[PDB]
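Chain labels are A, B, C, ... in exactly the order the sequence lines appear. Using the numbering of the PDB entry, the residues shown for chain A are 9-450, in order. Numbers in chain B track the PDB entry; the residues on display, in order, are 9-450. Atoms within each ligand, like the ligands themselves, are counted from 1 in listed order.
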There are 2 protein chains.
Amino acid sequence: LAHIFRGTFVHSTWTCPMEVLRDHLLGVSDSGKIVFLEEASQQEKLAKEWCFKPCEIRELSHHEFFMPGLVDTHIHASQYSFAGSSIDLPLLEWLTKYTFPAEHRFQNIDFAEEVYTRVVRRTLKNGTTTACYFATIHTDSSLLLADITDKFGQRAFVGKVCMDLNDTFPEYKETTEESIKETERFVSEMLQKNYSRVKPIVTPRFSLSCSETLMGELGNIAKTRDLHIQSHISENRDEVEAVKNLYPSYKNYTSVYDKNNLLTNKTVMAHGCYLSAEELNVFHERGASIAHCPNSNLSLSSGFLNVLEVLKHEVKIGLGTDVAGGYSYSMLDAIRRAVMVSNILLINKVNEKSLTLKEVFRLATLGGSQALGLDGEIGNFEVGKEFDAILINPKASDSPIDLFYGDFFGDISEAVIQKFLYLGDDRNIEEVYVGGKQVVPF
Amino acid sequence: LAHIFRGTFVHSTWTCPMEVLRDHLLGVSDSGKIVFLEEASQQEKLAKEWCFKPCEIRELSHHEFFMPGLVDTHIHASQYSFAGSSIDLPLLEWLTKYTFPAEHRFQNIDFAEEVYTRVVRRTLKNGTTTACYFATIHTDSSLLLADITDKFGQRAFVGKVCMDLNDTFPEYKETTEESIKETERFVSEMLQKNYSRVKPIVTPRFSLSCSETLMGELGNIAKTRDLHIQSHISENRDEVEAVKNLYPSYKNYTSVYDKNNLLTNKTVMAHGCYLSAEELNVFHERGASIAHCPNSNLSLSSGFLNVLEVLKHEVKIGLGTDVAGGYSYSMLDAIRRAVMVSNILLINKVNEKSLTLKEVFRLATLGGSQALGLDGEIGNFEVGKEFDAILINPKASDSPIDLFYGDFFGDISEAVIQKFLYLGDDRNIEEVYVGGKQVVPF
Ligand SMILES: CC(C)[C@H](N)C(=O)OCCOCn1cnc2c(=O)[nH]c(N)nc21
Ligand SMILES: CC(C)[C@H](N)C(=O)OCCOCn1cnc2c(=O)[nH]c(N)nc21
Ligand SMILES: [Zn+2]
Ligand SMILES: [Zn+2]
């Protein structure tokens, strides 16, 4: 056994949005798997079965708790250099003014190295143990990202972006053939590295930047290598209308992807704000997933995803930060913003209720893992799963949270857990484990 | 002279939402006033006029800047103990379930001391140099808050809350006569202490907790002592309708206050989400102000204040955190949420545009100071004003912000300033000055 921990564990299950396991014992194997999880009353029994001494057990402080690692289902690693600025002009203006020039710089491998090192370190330290990254159109810089994530021990999908259409910034695109060849090369080189927890993902940027021909070939590569696919869908009203006019023969945005083999049981689509009920039924039937990106949706004045309607349709859904469209790199920010979007829908009388903080906590961990096809391996504390987890200390040095005796003995349930979700930050994250290995501190 | 600083200063003016003054020299007197502000080319001249040596000048790091202190126009100091929890059930449910029991504990002076010490230290360290506090109905605990704020050197209005109606938690109220006598005592004792920058403010909680009789007498006390008034107005639809049914003889919520001498040129009202155009004209004509509390308005599913409409009506407006209805104690959070509310109005097509980050920055500093009647003394860097300011270091130890060479030499304007406003936190606030005195570090 690599670790045995005693203390409080907080996670989600499909039948319980937030389950708090107090004074429990958890064991993690050498291979990084959770091998037991039981009440501490079972110490003697476990110590015999698993051959360990009581002195080998790490006891958490009385006010600390473990929770599962946060899962970021959509982030543009390549836009991190300007995250927290701009976020004003509209989205085609924006893409042209900020985004495409920033991504064009990734033709320089040394620039790539600086930005990607910073983004992987920053998200890990904020407790993002699994990330689904968009990189750039450049195969070699996108391979460097994969190598960086492996070095740091973060779990990740890395996607070389494809685009053969780009009218507003023509310096930043590939020919159709180039896009196909470079994707084939990216995937082969990724498979050659054989990284234990970093895999390639097929990434048409979106339907407006990829021809039918390209889309269809990317779909074939995904099928033949059995890979995940990631793209954007129905993020704003102008995009919805642009697609309608560039692809008039398709019934809706969803059909454009579906008929081109881009909507599979291993597909995740960012945004989804303007998907209709009919389109959600198609997501459900195909096993495709949505990455809810609430900060970006408000920051860029895009729209509101109706998460309650998505859940009613039994569509798989996780949370994403959508850096740099969303200005925050934090999944704690994404959780807060998700609660707020659901409240917006209640205020506007679209829905009759809002999402609870606990339901959103489940989206950020188990929901996200399900959205990326990883919920057999991660997302909560179940025997069999990889130990992807973060040790939270609400009383850490310089903590942004003020705890009072009432938070432990008063009349508000999960008071401390809720204050961490609403007020905490990286100062409260003392340790981060991915695959049972301690990755933070670095 | 107490200080002379050389470097970058960022502030608002009425004609410019964000003015960046690079390599400037600023002098602060012994009395805490700004005595000069000029380009550093004037060093020799100023050194002679004001009798100081070049070695006496404090040079800011090349990546640091001063900005004015943040002004929190509305916060319930007494609810800080449960901030970051709860925030789920509706507002009368909430008031009954969480708020009134928490405020009832302030009958214990030792409890008051702990909560109020923590809140004043926390807001100061987050750069809130001026705060307009609601305390509790207890005169002695509310006087302790005033004393605490004085000890720490924060500028503040402190308001003993009045309520003689409380059907849902009758243990927490005063009789009408008691309310009047205790307000008179609070004000007298505040004036006896003679604090240099902490003043009393008359505080009927809101029309639903104060009888006509009470409201009218509070209005007389304000008039006769020439005091500010603070209350809540038109925060949610149910409140609007409750007022209509408890005060059927008044034309609208605004009239209830106005006809009872509670709407004056020294009045600030929190929320205002459901004020009509006619009511805003009355605010404008009386000189009364609004405290925009966007985090609380979304957190409690209340509504959206249309800030563009408020500005179009030339109504005075600042920002507030509304702890604990809003879960964050940070004015940086309030700035971010304000931008987001204006974007909500653009997405819903109520407005044709949103507020810029710069306009919201102006609300958080100069707008707020104007809302509290203090814009002759604070809110920006102008000769004559008190030096209320915060030194920002975006590269501080453990900074949440990653700076890149491009933020200083690229094509995005005020990149660094914007990253601090969107991503910064208390780690970026190195020093806080109120009245020219350094109050942080403590
Ligand atoms: C007129 C329309 C075509 C509209 N202005 C438009 O082009 O929408 C673009 C955004 O669609 C998805 N998308 C593609 N790349 C990105 C991207 O990099 N970030 C985000 N948030 N969305 C993206
Ligand atoms: C049915 C209605 C009367 C409705 N449920 C209601 O009572 O609204 C109450 C909120 O009005 C203003 N208010 C009074 N005290 C507070 C308070 O402590 N926090 C906030 N955010 N608002 C407050
Ligand atoms: Zn995106
Ligand atoms: Zn309030």
Could you check ligand 2 and tell me the drug name? valacyclovir
Name, as UniProt does, the macromolecule that valacyclovir (ligand 2) contacts most in this entry. Guanine deaminase
Would you mind telling me which other chains place a heavy atom less than 4.0 Å from valacyclovir (ligand 2)? B
UniProt Zn(2+) binders in chain B under 4.0 Å from valacyclovir (ligand 2), heavy atoms: B/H84, B/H240, B/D330
Does B/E101 have a non-hydrogen atom less than 4.0 Å from valacyclovir (ligand 2)? no
Sub-4.0 Å atoms of valacyclovir (ligand 2) with respect to non-hydrogen atoms of B/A250: 3 (C)
Please confirm whether B/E111 comes within less than 3.5 Å of valacyclovir (ligand 2) when only nitrogen or oxygen atoms on both sides are compared. no
B/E249 and valacyclovir (ligand 2) - part of the residue with a heavy-atom distance under 4.0 Å: neither
Residue B/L103 vicinity, atoms of valacyclovir (ligand 2) by number, heavy atom under 4.0 Å: 9 (C), 10 (C), 14 (C), 15 (N), 16 (C), 17 (C), 18 (O)
Quick one: does B/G333 get within less than 4.0 Å of valacyclovir (ligand 2), heavy atoms only? no
What about B/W102: any of its N or O atoms under 3.5 Å from an N or O on valacyclovir (ligand 2)? no
Geometry only, no angles: is B/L100 polar-contacting valacyclovir (ligand 2) at N/O separations under 3.5 Å? yes
Please list every residue in chain B that UniProt marks as binding substrate and that has a heavy atom under 4.0 Å from valacyclovir (ligand 2). B/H84, B/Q87, B/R213, B/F214, B/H240, B/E243, B/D330
Any N or O of B/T107 that comes nearer than 3.5 Å to an N or O of valacyclovir (ligand 2)? no
Indicate yes or no: does an N/O atom of B/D330 lie under 3.5 Å from an N/O atom of valacyclovir (ligand 2)? yes
Define the binding site of valacyclovir (ligand 2) at 4.0 Å using heavy atoms, by chain and number. B/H84, B/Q87, B/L99, B/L100, B/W102, B/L103, B/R213, B/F214, B/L216, B/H240, B/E243, B/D246, B/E247, B/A250, B/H279, B/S304, B/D330
